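Structure record follows, encoded as structure tokens.
Per the PDB entry, chain A residues shown: 3-108, 118-402, 437-645, 844-886, 910-1121, 1125-1173, 1207-1436, in order. Just so you know, ligand 1 is whichever comes first in the structure, and atom 1 is the first atom listed for that ligand. These numbers come from the heavy atoms of this one structure, side chains and all, not from hydrogens, waters or symmetry mates.
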Amino acid sequence: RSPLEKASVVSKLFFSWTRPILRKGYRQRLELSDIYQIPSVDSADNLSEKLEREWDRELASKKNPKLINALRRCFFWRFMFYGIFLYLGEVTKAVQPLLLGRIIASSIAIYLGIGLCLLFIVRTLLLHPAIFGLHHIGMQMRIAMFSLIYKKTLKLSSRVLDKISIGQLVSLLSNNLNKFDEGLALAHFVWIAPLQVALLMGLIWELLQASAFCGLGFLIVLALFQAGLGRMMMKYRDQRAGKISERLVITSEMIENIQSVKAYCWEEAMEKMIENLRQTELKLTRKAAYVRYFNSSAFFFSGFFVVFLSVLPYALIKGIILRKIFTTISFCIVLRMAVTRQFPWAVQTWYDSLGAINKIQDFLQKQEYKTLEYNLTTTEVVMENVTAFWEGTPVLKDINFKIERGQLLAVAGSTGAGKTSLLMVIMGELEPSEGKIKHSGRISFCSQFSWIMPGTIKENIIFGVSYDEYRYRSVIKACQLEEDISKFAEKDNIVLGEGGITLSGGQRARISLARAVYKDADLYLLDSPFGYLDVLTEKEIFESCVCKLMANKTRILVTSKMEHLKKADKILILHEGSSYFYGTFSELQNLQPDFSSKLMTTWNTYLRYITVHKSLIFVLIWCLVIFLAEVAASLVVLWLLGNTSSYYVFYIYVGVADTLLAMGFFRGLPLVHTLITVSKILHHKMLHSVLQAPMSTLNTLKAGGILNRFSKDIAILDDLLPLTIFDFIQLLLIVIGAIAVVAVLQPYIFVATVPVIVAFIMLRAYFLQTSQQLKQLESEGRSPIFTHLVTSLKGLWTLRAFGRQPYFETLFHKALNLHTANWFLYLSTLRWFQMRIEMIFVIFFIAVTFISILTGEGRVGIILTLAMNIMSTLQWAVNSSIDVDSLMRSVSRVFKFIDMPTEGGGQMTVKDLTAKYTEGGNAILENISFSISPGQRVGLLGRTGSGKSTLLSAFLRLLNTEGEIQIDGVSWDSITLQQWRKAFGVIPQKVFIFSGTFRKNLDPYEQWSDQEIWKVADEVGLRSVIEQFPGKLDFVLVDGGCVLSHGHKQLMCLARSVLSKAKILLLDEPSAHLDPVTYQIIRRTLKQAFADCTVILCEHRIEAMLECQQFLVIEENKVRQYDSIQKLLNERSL
Ligand SMILES: Cc1ccc(NC(=O)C2(c3ccc4c(c3)OC(F)(F)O4)CC2)nc1-c1cccc(C(=O)O)c1
């Protein structure tokens, strides 16, 4: 079934079976169903059970459950089977320069060249398949662990689950979703790196005769210093972290109230604030970047000293042959690479991996839910001596009841009086330590908060069972659902989405009652499912199935109805956490008559980026001119010396490629600084261009999809991309310079190197298309896992009460396998690309070596000493190219935002008002006309409730609107919008208060006098409500102005409107928002001190706006008018 079960060994080895998708992924787009099936052994269901067997074996064998030592018997052995291969692959790398250091002798060298080419072939065979298998073991680990974690998630008691932090689960799972899988190509370097040195410091001793340690000590100094830079980096990034949240909260707030900023004309204030916050964040990030450059440059200036200090003493004491320079250097590369990068990566990998395993081990131990011994045999359900604590706080006062197998009881009380907790106990999700609460235990549930799964109506109303036509017909016609079935689009199999928004409250309640009464259980706990259906609909359902079809059997509802509780064979009414009274229906309805009566990626992007900043041109030109002149200088000195000991000890500089062309401290820093300044410029201009997009465009961009263009891309553009571009330039420069040096020594390397560089570039272009497409596919394949996780958590109570855990286990396993296919395929194709790269390098080396040998002393030494160890930096250059082309996507999406357009007396007149949300949608008005009168209101009533938001907002020119407005002699044409939208003054239903001090949250432009502000505050009815604040007035209104209440915030907004001398006050929702005392305050303020602003009070109920003088009546698509109540409540309203 898979593509791997049919393949030759050679094809499984050189990754030939991945050819057809590459044969496909080049020419055309991939269709999601083109992804080959998973190999059988990687099926989640075939691994989770295996891992669980060993896990609970570790649990039941000892009382120190080291999960890692339950893994050590699952995968460990194949782990060794790949570790030994990797060890051999690295010993080959270490020992090859010895077979290099014999052919400098010159006959007897060609044979060693053949052997060395075979050494390259051995390395390129033993590395890549072993690394791929290791990554495969990593993927198996991740899948098995996720399956166990999920399967466990549906076993937690509720006492601990409602106490876990909602973000803990998502962070825990997603943390090791990509990292941990690749965190096994670097595990064996905990005992590879040591064996390499205890090998190397043998051979080098055999060469130096006294001086081994003198270089290892330098490497220890260097590595310790470089790691010490780690904390001096992390401290800066820590200090920046919370500061990023401080910058981000105001951006989120602004994004979430954009139409307020547009109406108040505050664009410049927000821009200035965002700048003044970002300044110091850039300060810290720039410091961090300089430190990180020092870090990455220490590794590049190692390669010279690591050999100069190891060569200096023995050279001093005795003259050294030249063979012991070109040879030792080729060891010095490996040793450096095996104590500075390979070791700390292994150490960090084990830290992080064992930390994550510690976390998961500490997870699986948590308190485990148990399903009670039910459905064995039982008569009438009995709940005797029931005492339960909502956290010793008694939600139940030792209650008891016997409910007959067929009878009917009804609970009632205050909302959440613990009767819900009493059911969640009788439902077995809360454990009361008192008494005996038990039943037959075959119970169905219908919770107050319905959940909607993914699938058709038959699915959410079956939950994994057959469909009986009589049962479905009775339910639908009974649950007010035969209409709800038929009325739908396809009417029987609507392919539903998630969230439940596709239906209303009534449809959702019908669906929940259906899922409840679907199958027959010895009890039906319907926790007030009749609370979202209409009263007549409630009576319909009660007469239909609630009190008709499931009443002939046992049932225990929880309802607060005055009519329903009458007909139940028992009643239990509770207050103050205890039953006020209860008993039989007649006895309860009589035992308290008073109480009973009371209760009821293009080169456009590259060039654009590189030329956003006229200093980047200069930095690149300088960096390249210095590189070119340095190549020329080293080449001329090489020729001069090629055609006192310092003469021949010069060779140690050119003889190492790295330090020749490594970015000096006077050239590598300004590039890193310039990139960060480019990030600032781009961020500022994106902000400027998202504060002026026309509002009929922003509407398309859903609100969650703009903040992520700030908190994600700009973070990348600050931290990641500058370093990656720096490393790419450094590595490409090194490679090209070394290849130039190799070329000039004899001019046959050039004409062979051209059809090798062409091959590299062609292969890279042939691969990246498929790699990027498969990356994207994996990206959208990751989402349904978390969707299913959310759906599982939300409906856990009902899920467990049904008893349908395995079905969802299988569904989650399906989603897992569906992601696993894409991941496995991407991994395999990446490794194929690496193999082809290294093989092409190997043929290039065959060419260089044989051409050089078959045609001096320093010539051969330098040629070979570069063409041997350039491969590592070449592979880094290729991987860095991949990473930079990946990271440029953020720049591309940023430029997407960069390209949006800018938006554009008291008496007045209005005509021809065309308005809609989109360009040409539903006409908000049809040539609406009116007169705006002097010094008196114009009430907006009539069809108030058909939407006054359209005309109200379009009066501020903040919708897809155009037409005719003429205010006091001026029109909507001449004056600038930023000076026209300020004449009108909004009084929004949701007042905006920036997270800052009062002087800035009320007068953000800061053009007022503090005494003027004090006067405008006191006279506007806020002095009292502002006297109770910290300090005097500088209170930082943190967390969205939580302290103030609707009345105080409304008065503040009113003062902010009174500030700029607004000549129109379109106040909306007077009584809905204001409290009663606050309503009196607002009325007495606006009528008295806002006396002569031509307000338009637009409230739905006519009783709120009947007071105003005129009435510009409201009516859909035609704004009729009755100038006075002499016809208003007689013609428009009647
Ligand atoms: C005693 C022993 C035997 C074998 C192993 N190897 C493993 O099990 C495997 C593994 C697991 C997680 C990893 C990892 C490698 O590499 C990583 F990616 F970094 O994370 C299957 C290879 N490990 C140990 C061991 C080590 C350290 C501590 C303990 C302990 O009992 O505390 C036990």
Ligand 1: which of lumacaftor, aminopterin, chlorhexidine, mitoxantrone, suvorexant: lumacaftor
Help me out: which chain holds the greatest share of contacts with lumacaftor (ligand 1), per UniProt? Cystic fibrosis transmembrane conductance regulator
Mind checking the PDB entry for the source organism of chain A? Homo sapiens
List the transmembrane segments of chain A, numbered from the N terminus as in UniProt, that have a heavy atom under 4.0 Å from lumacaftor (ligand 1). 1, 3
